[PDB]
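Model: 3C-like proteinase nsp5 / ligand nirmatrelvir (bound form).
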Protein chains: 2
Amino acid sequence: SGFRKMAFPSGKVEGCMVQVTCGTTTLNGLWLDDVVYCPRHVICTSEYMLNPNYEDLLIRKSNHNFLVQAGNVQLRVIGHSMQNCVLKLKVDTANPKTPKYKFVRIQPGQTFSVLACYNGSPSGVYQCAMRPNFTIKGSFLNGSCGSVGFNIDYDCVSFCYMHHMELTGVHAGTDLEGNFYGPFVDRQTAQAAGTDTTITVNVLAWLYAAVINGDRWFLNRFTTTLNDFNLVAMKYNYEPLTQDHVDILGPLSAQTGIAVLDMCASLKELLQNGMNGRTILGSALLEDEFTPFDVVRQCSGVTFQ
Amino acid sequence: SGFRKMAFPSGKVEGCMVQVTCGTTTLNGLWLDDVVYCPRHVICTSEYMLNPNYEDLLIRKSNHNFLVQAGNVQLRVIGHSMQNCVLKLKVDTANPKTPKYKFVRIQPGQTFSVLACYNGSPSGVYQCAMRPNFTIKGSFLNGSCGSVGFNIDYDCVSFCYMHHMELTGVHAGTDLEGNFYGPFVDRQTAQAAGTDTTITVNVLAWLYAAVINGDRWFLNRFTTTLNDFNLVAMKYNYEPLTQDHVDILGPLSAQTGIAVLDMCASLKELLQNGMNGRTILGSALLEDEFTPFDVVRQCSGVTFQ
Ligand SMILES: *C(=N)[C@H](C[C@@H]1CCNC1=O)NC(=O)[C@@H]1[C@@H]2[C@H](CN1C(=O)[C@@H](NC(=O)C(F)(F)F)C(C)(C)C)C2(C)C
Ligand SMILES: *C(=N)[C@H](C[C@@H]1CCNC1=O)NC(=O)[C@@H]1[C@@H]2[C@H](CN1C(=O)[C@@H](NC(=O)C(F)(F)F)C(C)(C)C)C2(C)C
C-alpha cells in the first residue's frame, strides 16, 4: 500500500542522451540509431534569438559546425536536416544502446516521465501531466533544452515530449516530430499560456486510489447524473466528464465497489464545501496528475523490462 | 524554474536488480560483483512466518535451494551466508554492470530515491525521506521486498535502504549491512511505528525554494530567536532547530538575502494561523521531504554520470 508520484525507470533513456554544441550554445540531444534529435534553436545566436529565419541559419552551417558528444566519445556528424522545430543530425555511429522505441503524440491529461538533463548528463526524473492548455508544470533550468518525456510499454519506450522553452513559470515543447504542443513558437514573442483547467477524470482516479488505501471520509450515499455533475464542474473550472471517462474508470469502480456516478457525488460535495481541514492521501488539495492507468499500475503492480 | 519531487536517474541501479526464489517465495535481490544481497526472510515458509529461527532455517538449506535469475540468465549460487537481516548469496559470475558504489546508513530527515521492483524487474522510481520515527512513507505491493533506496554522488551510488516489510500503511527496512532502521524485527509481532514529527530544517528549505520560485506572500518583517522558535515548534510536533541546521541553510539564505531566523518568523506565523486558503509551490500543506541539499540541487542544476 501507499501512493507516490511515481516515474518510470529511466535507464533505457539515459543511454540515449548526448550533448550537442553549435557555436556558443550547448544543449541536450536524443541519439537513436544514427540520428541525434535536438531543438532547432541550437543554431540560434543572440542576434536572431527574437525573429530568426531557421531555413537561412541552417543553410549557412556545415556538418563540422555541430559538436556532438556521447559522454566523452565524439560523434561525427555526416548530415543534417530540419523537421519542423527539431534538428535531425545524422552521425557516423549507430547508438548501440538504442531501445525499442516509438514516437507518440500525447493528449491533455495524459502523464509521462521527464528525464531532466544538462550537458548531455541525466540530472533527475519526475512525473508530470500535459495540462489542458498544452503546457507542463516542470522543473527546468538553463541548459535543459532537449530533455525528453517518455512512457514505457512493456519493453518499448514511447517518446512524447522534447523540452524547448519556459513561458512564465511553465514549460512548452514539441513531440519528437518537431510539432509544438499548443499554440507556441520557438522564438521570443509575446506568447502566454491560456487558462488552465482541472483534469476531472484524473481527480476521480485519485479518489479511487484513496479508497483503495483506506481514506474513506469523503464518501457519501448520494449519487448524481452526468449532466448535474458537469453543471457543477463548469463553475469550478473542471473539465466536463464524458461517458468515455466513466468507462475508463470501470476497473477502479469494480475493485472498490463504488459506482463512478456515486464517486462524482462525493467530488461534487468536495467542490462545494472544501476539505474542511482534512487531507486525502497526504494532500489538502484535489490532485489531478494521476491517470486511471497510473492508479491501476501503482495499486496492482505492473513492471517492465 | 519550477519545483518537483525529483528522483535520481535509476539506470545504474536497474542493472543490479535480480530475482531470488527460494521455495515458493520470490523477491528481489541486489547483485554487486559476485554477491547477491536480499532479505533473509526469503528462507521463511508460512509455518515460520511468525517466530522463525533464521540460523536453523539457513543450515537446512544448500546452494541449490536458491534460484537466482538476472532477467532470463540464471546465476549459479556457490555459497551463502547471513549478515544480520540480509542474506548474502555468492554466485559464479561478477555482475559486469556493477557501478562504483558504497553502503551508507542515512539519518532521519535525509532523502533518497527508491527503485520499486517486482520479480527482479524495475517498476517505478520515487523520492522519499527517512522519517524521524525510522519508517518511510513508500508505495510497495506484495513482492516488493529487496527493492533498494539510493543516492548518487557524482558517479558513485550510495545504497542506503533495502525494503523488508509494511507496518500499518508505512514501510520499514534495513541498511545494506542488514541492520534495521528503527526498533523493528523481521517477523510477525505486535510492532508499530512510534509518533512521527515534522522535519523542520526541511520545511525551511522548502520555503526558500518557494521564494526562489516567486512565492513570497508568507514573508514578513519580524524575526525571532532560536529559543522562541523552538518553543512554538514543540507545540506543533516540529523537530527543534539547531545551530547546525541554520548553518546548513546558509547557501539558501545567501541566494535569497533572507536570514534563516527571518524565515523562522514566517514559519512561526504559518504554524499559528495556517495558510488561510493560500498555497505554496502548489501545496496547501507545509512540505518536509526536501533537504536543503535537494533544493540547491534542483534550483542550481547539478548533474551526474
Ligand atoms: C533551453 N536550453 C532553455 C531552457 C529554458 C529557460 C529556463 N527554463 C527553461 O525551460 N530555453 C530557452 O533558452 C528558450 C529558447 C530561447 C528563449 N527561451 C526561453 O525559454 C525564454 N522564454 C521565452 O522565449 C518566452 F518568454 F517567450 F516564453 C526564457 C525567457 C529564457 C525563459 C528560445 C529559442 C525560445
Ligand atoms: C515483501 N515481499 C513484502 C512486501 C510488504 C507487504 C506489502 N507491502 C510491503 O511492503 N513483505 C512481507 O511479506 C513482510 C515479511 C513477512 C510479513 N511482512 C509484512 O510486510 C507484513 N507486515 C508485518 O509483518 C507486520 F504487520 F507485523 F508489520 C504484512 C501484514 C503482509 C504487511 C515478514 C517476514 C515481516
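A, B, C, ... go to the sequence lines in the order they are written. In chain A, numbers come from the PDB entry; the residues present are 1-167, 169-306, in order. The PDB entry numbering applies to chain B: residues 1-167, 169-306, in that order. Header entry for method reads X-ray crystallography, 2.0 Å. Worth knowing before you read on, the calculation uses all heavy atoms, side chains too, and leaves out hydrogens, waters and symmetry mates. Atoms within a ligand are numbered from 1 in the order they appear, just like the ligands themselves.
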Nirmatrelvir (bound form, ligand 1): other chains, heavy-atom cut-off 4.0 Å: A
Heavy-atom distance from nirmatrelvir (bound form, ligand 1) to nearest UniProt active-site residue of chain A: A/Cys145, 2 Å
Nearest neighbour of atom 21 (C) of nirmatrelvir (bound form, ligand 1) from the list A/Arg40, A/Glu166, A/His163, A/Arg188, on a heavy-atom basis: A/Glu166
Chain A: main UniProt domain in contact with nirmatrelvir (bound form, ligand 1): Peptidase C30
Nirmatrelvir (bound form, ligand 1) versus A/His172: contacting region, heavy-atom distance under 4.0 Å: side chain
Protein contact to atom 16 (C) of nirmatrelvir (bound form, ligand 1) [nearest heavy atom, distance to 0.1 Å]: A/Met49 CG, 5.0 Å
Closest to atom 2 (N) of nirmatrelvir (bound form, ligand 1) among A/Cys85, A/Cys145, B/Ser1 (heavy-atom distance): A/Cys145
Taking atom 13 (O) of nirmatrelvir (bound form, ligand 1) as the reference point, the nearest protein heavy atom with its distance: A/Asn142 ND2, 4.6 Å
A/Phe140: numbered nirmatrelvir (bound form, ligand 1) atoms lying under 4.0 Å from its heavy atoms: 8 (N), 10 (O)
Nirmatrelvir (bound form, ligand 1): covalent bond residue and atom: A/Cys145 SG
Residue A/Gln189 vicinity, atoms of nirmatrelvir (bound form, ligand 1) by number, heavy atom under 4.0 Å: 23 (C), 24 (O), 25 (C), 26 (F), 27 (F)
Part of A/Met165 within contact of nirmatrelvir (bound form, ligand 1) (heavy atoms, under 4.0 Å): both
Minimum-distance protein heavy atom relative to atom 33 (C) of nirmatrelvir (bound form, ligand 1): A/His41 ND1, 4.1 Å
Per-atom contact, atom 35 (C) of nirmatrelvir (bound form, ligand 1), protein heavy atoms, under 4.0 angstrom: yes
Residue part near nirmatrelvir (bound form, ligand 1), for A/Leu167, under 4.0 Å between non-hydrogen atoms: both
Atom 14 (C) of nirmatrelvir (bound form, ligand 1) [closest protein heavy-atom partner, distance rounded to 0.1 Å]: A/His164 O, 3.6 Å
Contact with nirmatrelvir (bound form, ligand 1) for A/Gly143, non-hydrogen, under 4.0 angstrom: yes
Nirmatrelvir (bound form, ligand 1) binding site (4.0 Å, heavy atoms): A/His41, A/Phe140, A/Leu141, A/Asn142, A/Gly143, A/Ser144, A/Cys145, A/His163, A/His164, A/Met165, A/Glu166, A/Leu167, A/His172, A/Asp187, A/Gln189, A/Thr190
